[PDB]
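Chain identifiers are assigned alphabetically from A in the order in which the sequence lines are presented. Numbers in chain A track the PDB entry; the residues on display, in order, are 131-784, 815-866, 880-1020. Using the PDB entry numbers, chain B covers 131-605, 620-784, 815-1021, in order. Residue numbering in chain C adheres to the PDB entry, whereby the residues present occupy positions 138-152, 159-172 in order. All ligand and atom numbering here is 1-based and tracks the order in the structure.
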Amino acid sequence: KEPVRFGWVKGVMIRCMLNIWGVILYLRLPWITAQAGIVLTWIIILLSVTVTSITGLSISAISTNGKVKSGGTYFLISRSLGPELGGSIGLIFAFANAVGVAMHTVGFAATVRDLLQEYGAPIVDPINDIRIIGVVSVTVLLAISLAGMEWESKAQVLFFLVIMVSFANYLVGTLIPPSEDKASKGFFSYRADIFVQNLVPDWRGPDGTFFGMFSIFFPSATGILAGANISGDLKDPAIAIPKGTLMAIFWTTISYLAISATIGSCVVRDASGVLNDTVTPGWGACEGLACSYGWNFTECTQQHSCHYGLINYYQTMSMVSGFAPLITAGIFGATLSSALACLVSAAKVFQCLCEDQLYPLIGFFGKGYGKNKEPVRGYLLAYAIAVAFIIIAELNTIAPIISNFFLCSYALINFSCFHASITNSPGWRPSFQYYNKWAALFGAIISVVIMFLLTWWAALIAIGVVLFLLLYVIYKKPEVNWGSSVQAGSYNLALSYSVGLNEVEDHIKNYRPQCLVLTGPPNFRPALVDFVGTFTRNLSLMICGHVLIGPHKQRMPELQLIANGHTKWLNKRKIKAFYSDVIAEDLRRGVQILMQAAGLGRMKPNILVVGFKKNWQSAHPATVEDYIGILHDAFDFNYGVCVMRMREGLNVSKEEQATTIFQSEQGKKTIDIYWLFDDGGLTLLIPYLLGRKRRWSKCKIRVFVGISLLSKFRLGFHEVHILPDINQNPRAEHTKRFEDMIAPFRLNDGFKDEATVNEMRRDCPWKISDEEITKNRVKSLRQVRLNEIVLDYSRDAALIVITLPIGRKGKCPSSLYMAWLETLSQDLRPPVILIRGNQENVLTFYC
Amino acid sequence: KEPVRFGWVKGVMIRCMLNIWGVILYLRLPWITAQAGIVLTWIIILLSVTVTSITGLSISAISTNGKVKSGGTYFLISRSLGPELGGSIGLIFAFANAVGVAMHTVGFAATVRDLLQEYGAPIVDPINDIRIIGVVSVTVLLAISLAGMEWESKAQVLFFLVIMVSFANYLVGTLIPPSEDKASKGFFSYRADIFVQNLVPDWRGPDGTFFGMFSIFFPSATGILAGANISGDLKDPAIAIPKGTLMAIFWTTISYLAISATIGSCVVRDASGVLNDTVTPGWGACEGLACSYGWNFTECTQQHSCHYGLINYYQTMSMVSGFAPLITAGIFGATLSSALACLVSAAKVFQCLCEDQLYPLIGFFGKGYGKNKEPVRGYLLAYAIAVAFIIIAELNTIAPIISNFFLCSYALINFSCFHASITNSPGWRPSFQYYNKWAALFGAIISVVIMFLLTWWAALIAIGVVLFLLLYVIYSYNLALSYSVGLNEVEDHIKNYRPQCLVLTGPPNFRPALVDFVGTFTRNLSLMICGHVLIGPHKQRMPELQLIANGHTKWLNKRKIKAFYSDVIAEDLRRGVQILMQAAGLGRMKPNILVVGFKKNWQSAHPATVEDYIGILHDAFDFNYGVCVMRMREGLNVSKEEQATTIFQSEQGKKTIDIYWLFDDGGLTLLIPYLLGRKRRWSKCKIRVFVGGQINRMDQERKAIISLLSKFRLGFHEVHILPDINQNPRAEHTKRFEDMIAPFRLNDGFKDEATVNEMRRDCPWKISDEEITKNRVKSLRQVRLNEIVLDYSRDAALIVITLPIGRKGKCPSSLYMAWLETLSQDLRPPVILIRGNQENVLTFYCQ
Amino acid sequence: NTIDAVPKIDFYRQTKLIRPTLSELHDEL
Ligand SMILES: Nc1ncnc2c1ncn2[C@@H]1O[C@H](COP(=O)(O)OP(=O)(O)OP(=O)(O)O)[C@@H](O)[C@H]1O
Ligand SMILES: Nc1ncnc2c1ncn2[C@@H]1O[C@H](COP(=O)(O)OP(=O)(O)OP(=O)(O)O)[C@@H](O)[C@H]1O
Ligand SMILES: CN1[C@@H](CSCC(F)(F)F)Nc2cc(Cl)c(S(N)(=O)=O)cc2S1(=O)=O
Ligand SMILES: CN1[C@@H](CSCC(F)(F)F)Nc2cc(Cl)c(S(N)(=O)=O)cc2S1(=O)=O
Ligand code: NA
Ligand code: NA
């Protein structure tokens, strides 16, 4: 009792041929032959099937790259292009099918109306018949659709047999020698003179032009997607869709080519239809080929007023036939089958669009009833939308809008095969190899050129609705991840441009501040993220380091989940930063690994920004040694450093995004820069880049000095000063404050040999000897003295930037250098940044 | 010197006044009022000014968001929608102004010519007099404009005064009681019955339509951006622009309403113009309303043959007014002010474009004289375009094309505001009270509707020129970085898996075979990095080190290998390869495969080096990496002009690729050869897959494997089966294995694990006897599988065997190296030993 | 489990017989 699955004949080919075949076979193809001649009609047919052949190749390539499921064509396009461009146009495909149901039931109601009028009495006026008949027949179609998916197939094969009987009837009729009723109306069976005369065009009327015939034929060679829209009922779609679609195209094209060339070799363009017009001996000389076959249509031809023949009578194909009502049965089948195919297609596509929740308020229609989970709620919606348009009943102006909703799907079926094939992601590997990448682009271009040629003001409606529904999904971010070629183009393009940096040398004219930020977990201290993402956005690189302190190195896959949870926090704050974490047994070695290996070619960090050890007085003195060693390692690797201190600390750990002070307008405060060393120009470059943004543009920056030097860079610097007095004894309380803060790090050895001091300094290298204290007294006094000047001139600034001191390695221990760093920036309101470049010409240009 | 600035009255409001004032105020509002009445002319005016006031709200919300130079009107489009649309729209907006200069100048030349022909004689042809006067006038306007922006701002206040004296002239003329001549043309003073008559439409002529009057008025109400194009010369652009711009619109629309409603109460719609219509009693009755004042106007009213009146005479204001030449003066001012305002706005935008760094299309025009900071080379471009279009003198067929350029600008400005406000862009945050994004979206929709309502074929040329420019400009560091940060939002799917590699290549010119092999399947597909570890104690980053790194990059680029280069410093090789695995890369472009060479001389090297060589693979497996080990007969190292040539640089031909797929590793062992065969040198190579299985299920398993490889779409040719995989090898091959595991054998009897560790702590690479006995079958399997491989794959182009992995702590590093040596010896072709990380890299599905 | 697995169809389907993780064939037991 498993649900029934279909083969390729009964499931794809029959459905596609029934959909393609319409009424233009029976009521307009002979007239097109009469107008344009045989040769130009064949050219119209071939130009028309080129587009739908290229689209068949594209949709055959798409559906042989995986396992196709119960979604139809929306499934293919959306899983090969993405939710934006797939869900924008899976909603107009499903609507255009629902209204094509109505526009194929109207064409059957008109035929029944004509049949009833010319036999007896009609029901009502000749427009409300179109309503009664159409509404009653769309209901039997709905009952067939709801009755199961194995009764739809029986109806389709019945319609197919009816159409083939029609073809046989016509082709038998064109061979019987003509009768009097038929030869008077123009039909003289196959002749060479009536075929040669009828090759050349003979245009007559307002719409008798080449483009006026193309515009009639082309929308009837379309509809090739019907059998691909039941992907969820086929045994193996990856082998059933490419065969069915392409053989349906081939065989319907052969049918179109045979009908025209056969009708145009038997029927003459002008004929009168009066049995008295048989030729009379001695009636001078007459007009036309029909004079040889013994008929006389001179008067008609001349006065231009005869009502029969290939170019005047629309049912020429019904009188050539051996029996007339069989052609009417063929016309019934050719319309009912297309209506049923559209009704099934719309409700299969809409259910899949409603299960993938991209749009609001339409979930209700995705429920599946019964064992095959048929869309019972989608059939009723397509039924309501079809009845609403049947009641309008004059759809001569709504047809161009709908026929352009279907050429906009043709342009995205062809863009899906062009994009997937030029992106070339490992993983796109289709079984169907008989397609091209440039033909699939020509198809996408020409389906829009044709869209505009057919009707300029309906192409606009199509494209406008496509844009509206595209932008809704773009602004909604529906969080679905199906492998898509747009997702695979981002990597292609990132790699393509990143490699291209290798072709450019290292120069002095392209310095950029590329910084490595030691944040730990980014949300534990977002102030660093904000400060650094202010001045480096859209200009250079920014990496957020993180060291996972611990004895086991093993990248179990759990780690990737945490890393992706930290990489989305930075994507939500709209920070343009990378995230990188490493494993090491202590923080110094993790930082050293990040400094050695991170980056990619020429895009690698050259500045190290790190917070400040707020708790260095309480923590075990083994941590201070490694903290200072980090800065020493940065200076050894030829980096530049920045130490950032805030009064309240940076670690906020001790949902919603937290807010810091670097996200807000500063005002008309000042940025104070204490330029004490010609480090190269980083100390002056960080505030110049920072203050040029909107939030800091209303501040004036006042560089101090320990005039023509600052001029040549064109840094736009406001004030220049001279520090009052840097080397004098400060107040005794400040000196004792420095002296007692460092005392718990003192060795108390009087004065001894340096080796002897090292003998007990080996176990604790952070101990300070009295000789080291004595021989670095002036510098310590300078550090304690400059704090008072900073307190004076910068009580109420918005940012203070001071030159960073360097302790002589070996002769300056860790605790004393850390005390210096503590004593240049204690008790200050603003953020304080201590910078020192790496002796490189930085200001050699603007940035 | 001191740069000149302007307030809001003289800098924004006056400019927008004079830009909006046109000839329509003088020559066509009386006609429109007669043709459509008062109450419906008011509707036209209000509907027209709604669009311009919504765009004014948008353009004044942009000005309270930062500060912009002159002509940065497009800078928001290029910030919100990319600097391609922005640049193209800026170029079109400047060109349209440059042509508007020509249109206003010829409109002034027509008036002066028609005045001159009356009071004198025309020296030359009517058409050429236009081409002389227009060129002279544009030259004089350029001379005024190019000589400072203080003189232009004085001329454009003289124009304001001339217009305001004409308003007073007209309004004092309407109050004087009519003269005998003036009443003979239609003028009677303000009176109620004429006002009541004229409240309702009276359509006459081929243009008497509501839309026929809208299409004439609406393009005469735009010009509100004349004050926002000089935001760089304003004193306070965030308070001056929103107020001046929005008050100018109000004060011009009040004037339009006042003039229409005050001339509608004043004249009659038609009048004879002859003085001999004195009315006397006796001749019938009077047919009209003018007879109540003593004038017979029946001669025209029945025959439609009078040349005066409100609906027939275009120059009614010249006679209603108390003095005629002042209205001519008003027209002169109203035209020259518009021409000047269009000439300065074109220069500002062209200069901003030529100075733009993100749009070089037209950045090479000329050298500009910035001594007085004038846009000289933005003035000489507008002057040339204006003079060309004046000489052409074809206008009325180019007016709609250029009226739609401005509406394209309006639509994209409003949509850029909406887009930046809906996507919460970080940097769009205006401070303007009355700004709503839904109004800024209605403005865009309406600006696009009106384009196609006014002239449909000129809105398809305006759009088709934006797309020509946009697609012509689309087709190093700033692109490498903006695309790498864009990868952070895409998620990872199994369909887009890329094999990124870390090649342990040393100096890339000691083993070119490794780089040649790995740069074959990763070319244009995925990341490749050439690692190098410099063994030495802690070493200073040095200038020479970067010189060496540049030399190796140059060598790589000369060979046209598309790879990155990276080197680290470490105490030994293993501890540096860990650094490279942990930190190399950038974001989502980080390696996940490790490629090494074969330790060719492990037999004779110091057995502590094989410990580290195997530890490298152990660490790779610890980090979730895939491993490839490559072997050649003659070794990889070639150190033992022209670059060296390997066998991977030549066409392989018809030989085969043999994949001994023995264990399921997720499919990397199948996906490396597939990508290798996607390239031109390996595309003619047959691929054979050998799998192991039983002897009673040869077919049952062969069909299953063929079915599996067909759902992956890989396209491999044969599938063989190996049933003799568990036999014993030949005796003299087992002996060859066991004599090689001898120097590494512990010979400890059979002791507990503690006793083994006792003598294995110093050397951990030796093999206990228990580990010899428990690894007997696993080892003879390698010995026999080598026999099978050498049996089948004697003359292939590439052999691929799945790599065994030994349990950490149950396989000493000499046993595992012995297995690796056994699997691949005595073979001619290159041998690759792949082993993925047990995660799927291949998929059946598409979702 | 503990021993490596020969190629098989069930490892790639979506719906038992899960291939061992790299930590199960490599980490010390
Ligand atoms: N696990 C880590 N990973 C990366 N960087 C770190 C880590 N721990 C500390 N850092 C860096 O070192 C700086 C100072 O070290 P310290 O441990 O004193 O900071 P903290 O005390 O954690 O936070 P705060 O400085 O706000 O009190 C930190 O601000 C941070 O920049
Ligand atoms: N300095 C290095 N940096 C990175 N990888 C290396 C380095 N030295 C060796 N390797 C990798 O290890 C493999 C084996 O190294 P080995 O010491 O055996 O050198 P070899 O010349 O390749 O072989 P052999 O020394 O046995 O002739 C090499 O092929 C290479 O891939
Ligand atoms: C005959 N049809 C023509 C357009 S004729 C104009 C019209 F009346 F339709 F507006 N195009 C398609 C295309 C497809 Cl692809 C499908 S279908 N069911 O495969 O998806 C159905 C049709 S059609 O039935 O509408
Ligand atoms: C009256 N003008 C109409 C165009 S109607 C005449 C036509 F061009 F169609 F031939 N629109 C605009 C728009 C702007 Cl924005 C500006 S301006 N200086 O602010 O940039 C100037 C003008 S206008 O003065 O040319
Ligand atoms: Na049909
Ligand atoms: Na003007």
Handout entry: ruxolitinib, xamoterol, polythiazide, phenolphthalein - which at ligand 4
Key = polythiazide
Handout entry: Main binding partner of polythiazide (ligand 4) (name per UniProt)
Key = Solute carrier family 12 member 3
Handout entry: Other chains, non-hydrogen atoms under 4.0 Å from polythiazide (ligand 4)
Key = B
Handout entry: Other ligands/ions closer than 4.0 Å to polythiazide (ligand 4)
Key = none
Problem - Heavy-atom contacts under 4.0 Å: polythiazide (ligand 4) vs UniProt TM segments of chain B - result: 1, 3, 6, 8, 10
Practice task
Identify which residues UniProt lists as binding chloride in chain B have a non-hydrogen atom closer than 4.0 Å to polythiazide (ligand 4).
Solution key: B:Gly353, B:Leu355, B:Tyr540
Practice task
Write out the Na(+)-binding residues UniProt gives for chain B that lie under 4.0 Å from polythiazide (ligand 4) by heavy-atom distance.
Solution key: none
Handout entry: Site residues for polythiazide (ligand 4), heavy atoms < 4.0 Å
Key = B:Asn149, B:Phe223, B:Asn227, B:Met233, B:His234, B:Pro349, B:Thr352, B:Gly353, B:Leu355, B:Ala356, B:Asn359, B:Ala471, B:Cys472, B:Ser475, B:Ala529, B:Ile532, B:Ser533, B:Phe536, B:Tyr540
